[PDB]
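Figure: UC-781 in its bound pose on HIV-1 reverse transcriptase.
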Amino acid sequence: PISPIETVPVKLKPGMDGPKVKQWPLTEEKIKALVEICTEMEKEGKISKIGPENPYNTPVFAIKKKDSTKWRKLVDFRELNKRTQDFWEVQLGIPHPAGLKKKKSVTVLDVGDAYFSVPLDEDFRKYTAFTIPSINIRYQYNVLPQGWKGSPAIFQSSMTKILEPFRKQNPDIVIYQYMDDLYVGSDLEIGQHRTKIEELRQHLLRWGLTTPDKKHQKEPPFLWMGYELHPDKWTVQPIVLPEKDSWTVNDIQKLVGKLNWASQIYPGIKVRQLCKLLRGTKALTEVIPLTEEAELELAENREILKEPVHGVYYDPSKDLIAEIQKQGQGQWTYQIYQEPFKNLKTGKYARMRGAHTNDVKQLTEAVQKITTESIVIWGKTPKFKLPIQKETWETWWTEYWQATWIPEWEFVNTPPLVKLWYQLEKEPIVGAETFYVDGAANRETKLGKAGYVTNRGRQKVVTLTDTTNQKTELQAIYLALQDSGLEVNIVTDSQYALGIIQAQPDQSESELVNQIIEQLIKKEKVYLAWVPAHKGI
Amino acid sequence: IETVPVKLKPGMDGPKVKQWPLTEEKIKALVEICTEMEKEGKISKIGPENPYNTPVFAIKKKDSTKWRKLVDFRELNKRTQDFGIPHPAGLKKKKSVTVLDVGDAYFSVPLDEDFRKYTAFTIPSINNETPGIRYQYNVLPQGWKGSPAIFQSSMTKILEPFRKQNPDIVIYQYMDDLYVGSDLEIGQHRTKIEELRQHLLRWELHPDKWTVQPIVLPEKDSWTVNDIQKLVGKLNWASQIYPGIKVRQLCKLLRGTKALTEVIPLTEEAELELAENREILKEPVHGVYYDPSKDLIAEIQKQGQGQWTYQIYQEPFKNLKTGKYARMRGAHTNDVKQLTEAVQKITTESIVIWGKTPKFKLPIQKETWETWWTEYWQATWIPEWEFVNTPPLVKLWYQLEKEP
Ligand SMILES: CC(C)=CCOc1cc(NC(=S)c2ccoc2C)ccc1Cl
């Protein structure tokens, strides 16, 4: 059935013209079917015949429904879609379960073939020209065509208008459109709810939009991209891991993919040894001998995934609480809840060390990421429970070179606490050895020397094969740190070292930097100073 | 009224910037504000057939507890054609200036039909449970560059009387704001401002006090190897600005593997060299002149303890102005607050002085900034910015700025 709604003006992108592709030759059976089917929607007014005044054409296909029984049709709009204008956002984001609120009842109204109910822009219609050839009849769409770029866009806005009055009339009823499904929830008593649904159904019917009756309507639980939605709680469908005897590269990858998704809900899941089987993989279908370490790991993961998890929905009248935990260097797990242990959402992040960072900086980044997803989901920011002392945060941020911040938070004594691994002295140490370190290397030959000399007479130097200047400088610093006692003063002219003085990183991409880092941590008191190069010093 | 045809620069297309997530609190504020404007015919709902978009958000000014809608037309403005438009070099000398929000005036004037599409903006929804509410302007939009331009005529008329009867007062219009400066003492100034308000209805700053501060060098009774080392480093780098600065005589004292704590007596030669350097530092470098055809740039450096330093320049080391900034009372626990405030004051000065907004180089991670800048913004305009890594040397230098 067609509807009396204002068509949305659709034009082809500036400078382009309608489709003109060839029509495939078909079997008499594929033709018979298309003739019959097309005559059907023809009588319905969905499609109208056209003459030679239309030079456009789209390829029509015929595919039997699941397993060669009755015949169905398909139109390949690929080209037309390329020439059609762009519309605004189709779905600017999906509602995450943790952002929903509980309802006494929810019903989904499949407005199925409503696409063919909304009238297309009359002018544009011509571009939808297609043909049913003989073995040895032209048509065009008068309504939104299945597969056409603009259909979903137009269809959505249409439903929006049509529903505007019903929503106003019923501000206690929640509707949510997704594709051709209409999710409607409420907190009314079942009988009342049933009534309003019908009223809605009739309101839609008033615009030709046919919808199924109670006898043919779907109901909860609702499978929503991973979650199993219930009117009072959402559930995570326990993930199944196939116990194979022979594994291929491809298989391992897909496995790790599913496992990595799981880790958000089930922290504890590990894939280190499983990822290790990919090293040097020559082909996607090559078989890999599962290392016992991987067997133990894969097994432990199945136990974890045995216990299904279910949580609660958002309660607007309650505060939001976000707690974070560091599982390892650069790994943080967080869970957001309103009532302790009654989780809304959980998650984790893996931070590739990158250039040079420190745990507090990483904590900061977690806090940041969380704050953002919260705003998108709940429209507000959580109060944070962070495994770090107010003293530590204060010391670090007040002197850090970059602007940084953490919203209202509260320390939670849940080990392991994140702390400052070391802190360079602000002024030279009295009664401490002074190492004047320096390193240089021939850029081209990759050959260098790293060394130092102390005010206490101590000296050293090393020749380095296959090194770079930046490395040499750092190596010098490493040596000074190795041969020095608990207290050390080190002067260098390395501009790169200036980075450490400022950022004081406790993790880096460079293994060498890390060596220095470990040494710095071991020291009681270190004072690092920089002096300009090629001068008197 | 009859509308002037506005167009995009040739070959350009409308902005298609995505909306940032907004808090419940401000989504509400916007919906309310927009339903009202819609009734008043300022804006209209649009369909998906319009693909353009521009970010929107709400802020409350200090001394204001009522939400005010703000749009990010930066992208559009950049694509909107240029169009006579003055800047009084005397406003920079006034004893006092007052900023005025004349944004409302624009809503009276209609916007050319064909350009309206390009002003599309979207009110989002919490958890995407509802489609975005799409609107577009029908009248002149606040924060757009074309608006002050087209309203120019009407504006000059309205002001001419106050102008002719008070040629001793300077009035400058930069977008939604009007800067009124006078040398008249606070009494007459404030009263004359209130009068000017009424004049408009019917239809505190201090400009040169912003004196560039010199770089002061430390003074000790006795200097240590470390002290000298720090000093020499500062100067060596500083020679990029003042080439007359020498550091050899001092560097000479630094020869030898001495302990950093070792006390060193200055040679009469070194003493001179230093005294001479202080002299050169007593005043800003010669040869720096503003070029209206080049972009203005502002660098900011977190100095800790609530202090921040900045430099406005067009070419590196050739600074037009430099200054320090102490955090406002209230932001005692957060940088983002202090930074935005700083950004705002600096942009203002740039306006007063050159009538142009500086491109900022901010010492902050993009994410941190994007997430919270709106929460503290209180200006009708939005300047350009990029995120950078503060070089240790440039920081140590400006740290040495003179104070009262
Ligand atoms: C996202 C989605 C599939 C919603 C329908 O399923 C549920 C939704 C809710 N709660 C809300 S607030 C709702 C219901 C219809 O539309 C909305 C926005 C609760 C339980 C289920 Cl099972």
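Chain identifiers are assigned alphabetically from A in the order in which the sequence lines are presented. Here the PDB entry sets the residue numbers for chain A, with the shown residues being 1-136, 142-542 in order. Residues 5-87, 93-212, 233-433, in that order, are what chain B shows, numbered as in the PDB entry. For the numbers below, each heavy atom of this structure counts, side chains included, while hydrogens, waters and symmetry mates do not. Both counts, for ligands and for their atoms, begin at 1 and track the order of listing.
By chain letter, those with a heavy atom nearer than 4.0 Å to UC-781 are A, B. Applying a cut-off of 4.0 Å to heavy atoms, one finds the binding site of UC-781 to be A/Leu100, A/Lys101, A/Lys103, A/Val106, A/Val179, A/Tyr181, A/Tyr188, A/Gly190, A/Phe227, A/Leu234, A/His235, A/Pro236, A/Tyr318, B/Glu138. The entry refers to chain B by the name HIV-1 reverse transcriptase. In this entry, the organism cited as the source of chain A is Hiv-1 m:b_hxb2r.
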